[PDB]
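Report on the structure given below.
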Amino acid sequence: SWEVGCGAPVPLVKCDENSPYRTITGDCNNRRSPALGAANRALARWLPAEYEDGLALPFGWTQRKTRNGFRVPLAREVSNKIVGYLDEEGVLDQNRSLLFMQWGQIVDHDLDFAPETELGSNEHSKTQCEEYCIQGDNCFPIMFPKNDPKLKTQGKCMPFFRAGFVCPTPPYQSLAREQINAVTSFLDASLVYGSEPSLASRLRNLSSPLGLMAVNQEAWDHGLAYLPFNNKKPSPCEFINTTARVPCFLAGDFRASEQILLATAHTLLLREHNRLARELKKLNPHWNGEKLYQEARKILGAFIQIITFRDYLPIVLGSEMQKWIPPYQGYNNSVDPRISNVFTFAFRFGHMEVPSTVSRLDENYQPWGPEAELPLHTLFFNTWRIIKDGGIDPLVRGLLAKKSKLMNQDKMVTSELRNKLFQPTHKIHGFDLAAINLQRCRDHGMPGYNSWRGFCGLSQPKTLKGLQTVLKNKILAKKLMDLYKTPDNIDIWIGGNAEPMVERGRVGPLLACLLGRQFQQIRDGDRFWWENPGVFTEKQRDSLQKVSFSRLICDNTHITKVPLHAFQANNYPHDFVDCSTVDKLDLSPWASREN
Ligand code: HEM
Ligand SMILES: *[C@@H]1O[C@H](CO)[C@@H](O[C@@H]2O[C@H](CO)[C@@H](O[C@H]3O[C@H](CO)[C@@H](O)[C@H](O)[C@@H]3O)[C@H](O)[C@H]2NC(C)=O)[C@H](O)[C@H]1NC(C)=O
Ligand SMILES: *[C@@H]1O[C@H](CO)[C@@H](O[C@@H]2O[C@H](CO)[C@@H](O[C@H]3O[C@H](CO)[C@@H](O)[C@H](O)[C@@H]3O)[C@H](O)[C@H]2NC(C)=O)[C@H](O)[C@H]1NC(C)=O
Ligand SMILES: *[C@@H]1O[C@H](CO)[C@@H](O[C@@H]2O[C@H](CO)[C@@H](O)[C@H](O)[C@H]2NC(C)=O)[C@H](O)[C@H]1NC(C)=O
Ligand SMILES: *[C@@H]1O[C@H](CO)[C@@H](O[C@@H]2O[C@H](CO)[C@@H](O)[C@H](O)[C@H]2NC(C)=O)[C@H](O)[C@H]1NC(C)=O
Ligand SMILES: CC(=O)Oc1ccccc1C(=O)O
Ligand SMILES: [Ca+2]
C-alpha cells in the first residue's frame, strides 16, 4: 500500500517533450515520471528512516529512550573525543591540490541541499533556541558536555534547527518525515543558474539579447566580471567587517558565499557562461537571447559532468571506481535519479579534507602581500577580501599550488571548522561543523553504521575486536565503542569516515559504495547526460573531451601558468606551463548554417 499522493510544495508546470534544454526545476527529464529528480521534493530513501518514535523524532531527543538499549552520545562529545586535534603539521595530502577539496564542494552543492526550517521571520523561537537552549519543535540544540571549554565561554549549547520536510513545513505528523532536496538531483550546473524559475530569471541579464548572466556593476576585477551583490540585508558578509560593508554574492545557489574559495569557484563559472555566450553569438549572429543562454548553459552542464566523472571521481573512488560506475551504456529510463538521503551525508567526507588556511600567491606564485596566509575561519562569508584585497587570481593560484588536507584517523577535522565555524544567522565564530553533521544524521533519521555495511554487503562488526579489524585501528575503535557501546549505533557520518582508504582513493569501502551507487544513478538516469546520443552531436562530443579545468582557468583569469592536471599536487614552476599550450574548447562545431 503506497502513498505517492502527497505533494504541492512543489512548483510544477507542463512539459515540452521534444525540447532540447533541461528545465530549471529538473522536471520533464524522465518522460514516464516527470517529477523524478526535480528540485523541491523529498530525498529518496534507500532504507527506511529510523526515528525515536518511528515517525519524526530524532534519536537523542528523548534522553530516556535509548537506541538498541543505549543512550546515544552527544554529538559534541564525539566531536571532542574523536574528531578534533591540535597539530596541523604533517596533515596535508602530498598528492591532491586544494582544488580537489573545492571541486567536491561544487559537485555537492549542485546535487543536494536540505535547508533548515523557517516559520521564523520575526520569530522568538529564533531566540528561545539560542538564548535558553530549550529543546522543542524545530529547535534541537547541541548540548555541551561537562569539561567543554565552550561552556565557560559560549553558553550551554549550540543552536541548531531541524531540516525541512515535505508535504508542509509547520506542525505536521502522519507518515514518516522525509527531508527536502531544494535543488535538482541531476548534475546540471543548477548552482550557477538556480533551481527555481524566479531565481533563474533574476540571475539573467535581460536588458539585452546576448543571453548573458547579470554581473556586478559596482566592482570589476581587472575588467573581468564579478557575481552580482545580494539584495538582502541583514547580510552576513557585511557583519564580519562592518567597515568594509561588502555584501554576499547572489548566485544560482544560496551557499555560494560560505567561504571565499567557493565564491571564487562560482565566479569562474559565471565568467565562463558569459565568455561562452559572447563567443556563440559571434558564430551564429541571428540567434536570440534565449538560444544563446540555453546553448551556453548546456555546454557548461556538459563541462561540470566531464570534469567530475573523468578527472574527479577516479581519484575519490580509486580502484573501486569500476566496481560501481561501469562504462557508460546509454540512458536507462528505469534508473531512479533522485539523490538519496544518506548520500548527502556520505558526500560530507569532504569536511575532513579542508586545511586550516588559504593562501594568495602573486604572479611568481610567491606570498602575495605580508598577511598572505589567512586562517580559514576569517574567510567564512568573506567577500570583502576578494573585492578589496586583489580579486580572485591570487586565490585561484592558491587552489592550484596548495594541497588539500588528508583524511587521517587521529586528525579528522580542523579546529577552523570544529570550533570556529560561522553561521549566517548567528553572531559568533564558534560553531562545530563535526557536531552539526552528527546532529543532522539523527535529525534525518539515518540508520546506524551497521545497517549501511549490510546494505553494501560488507561485514558488520558487533564486538570491539570486530571494529578494530575493520577500522584497522585499536585506539579509534576503542574511543568509538566507549561512546557508542555498539557499532550498530555509530552514526553513518563518522562510521563511514573512520575506515581506511581504498587503493588510490580518498574514501573507504562503505563510502565508495554509497558514493558509487549515487553517481552511477545520476548518470544512467539523466536523459540529458552529455554522452547520450542525440543530446550533443558526435562532433560536439569530440570537442567537449578537451575541456580542462586548467583551460577554464586560462580563459577567465590573468593566470598564464597552470598545471596540466590541476587535481594532483603540482609544484611551481616545474609542473606549470604557459596557457598558450593548453587545449581549447573548439566551438565551430556549434555553428549552424542556413539555405
Ligand atoms: C566551511 C565548509 C566547507 C569548506 C571550507 C565545506 C566543504 C565541503 C566539501 C569540500 C564537501 C564535499 C567534497 C562538502 C559537502 C557537504 N557539505 Fe560542507 N562545507 C562547509 C560547511 C558546511 C555546512 C555548515 C553545512 C551544513 C550542515 C548542516 O547540516 O546544517 C555543510 C553541508 C554539506 C553537505 C550537506 C548538503 C545538503 O544536502 O543539505 C554536503 C554534502 N557544509 N562540504
Ligand atoms: C598522484 O595522483 C595521480 C592520479 O591519481 C597519479 O597519476 C596517475 O597514475 C595513473 C595510474 O593508473 C595513470 O592513469 C592514466 O593512465 C593512462 C594514461 O597513461 C590512461 O589511459 C588511464 O585511463 C589513466 O587515466 C596516470 O599516470 C595518472 N593519471 C592522471 C589522470 O594523471 C600519480 O601516480 C600520483 N602520484 C603518486 C606519487 O602516487
Ligand atoms: C575591514 O576591511 C578593511 C578594508 O576594506 C580592512 O582594512 C584595510 O586593510 C589594510 C589595513 O590593515 C589597508 O591596506 C594596507 O595597504 C595600504 C596600501 O595603500 C597601506 O597604506 C597600509 O599598510 C594598509 O594596511 C586597507 O587600506 C584597509 N582599508 C581600510 C578602510 O581600513 C580592515 O582591516 C578590515 N577589518 C577587519 C577586522 O577585517
Ligand atoms: C547586461 O549586458 C549589457 C550589455 O553587455 C551590459 O552593458 C554594458 O556594460 C558594460 C559596463 O557597464 C559596458 O560595455 C557598457 O556600459 C554596456 N554596453 C552596452 C552595449 O550596453 C550590462 O552591464 C549588463 N547588465 C547587468 C545587470 O549585468
Ligand atoms: C536498466 O536499469 C535497471 C534498474 O537498475 C536494471 O535492472 C536490473 O536488471 C536485472 C536483470 O534484468 C533485474 O533482474 C533486476 O531486478 C534489476 N536490478 C535492480 C536492483 O533493479 C537493468 O539491468 C538496466 N538495463 C540496461 C539495458 O541497462
Ligand atoms: C551548505 C553550505 O555549504 O552552507 C552554509 C554553512 C554555514 C553557514 C551558511 C551556509 C549557507 O549556505 O548560507
Ligand atoms: Ca543539480
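Residue numbering for chain A follows the PDB entry; the residues present correspond to positions 1-595, in that order. When reading the values below, keep in mind they use all heavy atoms of this one structure, side chains included, and skip hydrogens, waters and symmetry mates. Ligands are counted one by one from 1 in listed order, and the atoms in each one are counted from 1 as well.
- Found at ligand 6 is the drug acetylsalicylic acid.
- In this complex, the main macromolecule engaging acetylsalicylic acid, as named in UniProt, is Lactoperoxidase.
- The binding site of acetylsalicylic acid, defined by non-hydrogen atoms within 4.0 Å, is formed by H109, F254, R255, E258, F381, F422, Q423, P424.
- When distances are taken between heavy atoms and rounded to 1 Å, the UniProt active-site residue of chain A closest to acetylsalicylic acid turns out to be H109, 3 Å.
- Looking only at protein heavy atoms, the nearest one to atom 7 (C) of acetylsalicylic acid is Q423 NE2, 3.1 Å.
- Nearest protein neighbour of atom 5 (C) of acetylsalicylic acid, counting heavy atoms only, is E258 CG, 4.1 Å.
- Closest to atom 8 (C) of acetylsalicylic acid among all protein heavy atoms lies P424 CD, 2.8 Å.
- For chain A, none of the UniProt Ca(2+)-binding residues has a heavy atom under 4.0 Å from acetylsalicylic acid.
- UniProt lists residues of chain A as binding heme b; of these, a heavy atom within 4.0 Å of acetylsalicylic acid is found for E258.
- Shown in contact with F422 at under 4.0 Å from a heavy atom are these atoms of acetylsalicylic acid, numbered in order with element: 7 (C), 8 (C).
- Among protein heavy atoms, atom 11 (C) of acetylsalicylic acid sits closest to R255 CA, 3.8 Å.
- Considering backbone and side-chain atoms alike, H109 places an N or O below 3.5 Å from some N or O of acetylsalicylic acid.
- The nearest protein atom to atom 10 (C) of acetylsalicylic acid, hydrogens excluded, is given as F381 CZ, 3.8 Å; this is a heavy-atom distance.
- The entry's source annotation for chain A reads Bos taurus.
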